[PDB]
Amino acid sequence: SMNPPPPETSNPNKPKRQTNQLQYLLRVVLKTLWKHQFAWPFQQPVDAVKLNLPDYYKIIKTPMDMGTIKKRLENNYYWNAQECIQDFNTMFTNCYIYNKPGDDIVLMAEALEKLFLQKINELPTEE
Ligand SMILES: Cc1nnc2n1-c1ccc(Cl)cc1C(c1ccccc1)=NC2
């Protein structure tokens, strides 16, 4: 069995910014989710080999995880907040696509996503 390469977290020719919204996404949104008791399955790419999920990357073609997001934020990979918001949403959606309602991992994603939504509700106006 084989995992795909992870999502990129470095691309020197991609234009980059550090906006106040991006800073909030790191200091508030990412930090809040990362410390949560349910963060651990989301803190790195899905290891389909170790988890014995050989169909995961047959079904999930746009993988995303908070490890990747954390690196992207810390390494100023993004141009805007929407890019990062999309990554979080891709992570949650993938979980729901792959798994079944009421599965433990879905309950975990839902708890994290509730917090995500509460924090992005107060994304600051771009300064
Ligand atoms: C994210 C994600 N999306 N689907 C899966 N995951 C996981 C990723 C990493 C780990 Cl260690 C477990 C799971 C688990 C998992 C299952 C029950 C409780 C905790 C994690 N399920 C497969």
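If you read the sequence from its start, that first residue is 1, and numbering goes on from there. Order of appearance sets the numbers: ligands from 1, and atoms from 1 within every ligand. The figures that follow rest on heavy atoms only: side chains count, while hydrogens, waters and symmetry mates do not. Header says: X-ray crystallography, 1.6 Å.
The name recorded for the drug at ligand 1 is alprazolam. Structurally, the greatest contact with alprazolam (ligand 1) is made by what the PDB entry calls Bromodomain-containing protein 4.
Close to alprazolam (ligand 1): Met108, with a non-hydrogen atom less than 4.0 angstrom away. For atom 11 (Cl) of alprazolam (ligand 1), the nearest protein heavy atom (residue, atom name, distance) is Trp40 CZ3, 3.6 Å.
Listed by number with element, the atoms of alprazolam (ligand 1) under 4.0 angstrom from any heavy atom of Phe42 are 1 (C). When heavy-atom distances to alprazolam (ligand 1) are checked against a 4.0 Å cut-off, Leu51 comes that close only through its side chain, counted from C-beta outward. The entry names the source of chain A as Homo sapiens. Closest protein heavy atom to atom 9 (C) of alprazolam (ligand 1): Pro41 O, 3.3 Å.
Counting heavy atoms only, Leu53 comes closest to atom 22 (C) of alprazolam (ligand 1) of the residues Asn52, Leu53, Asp65, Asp104. Distances between N or O atoms of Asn99 and those of alprazolam (ligand 1) include at least one value under 3.5 Å. At the top of the distance list for atom 20 (C) of alprazolam (ligand 1), counting protein heavy atoms only, stands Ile105 CD1, 3.6 Å.
For alprazolam (ligand 1), the UniProt domain of chain A with the most contacting residues is Bromo 1.
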For alprazolam (ligand 1), list every N/O pair with the protein closer than 3.5 Å, one pair per line with the distance.
| from | atom 1 | to | atom 2 | distance (Å) |
| --- | --- | --- | --- | --- |
| alprazolam (ligand 1) | 4 (N) | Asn99 | OD1 | 3.0 |

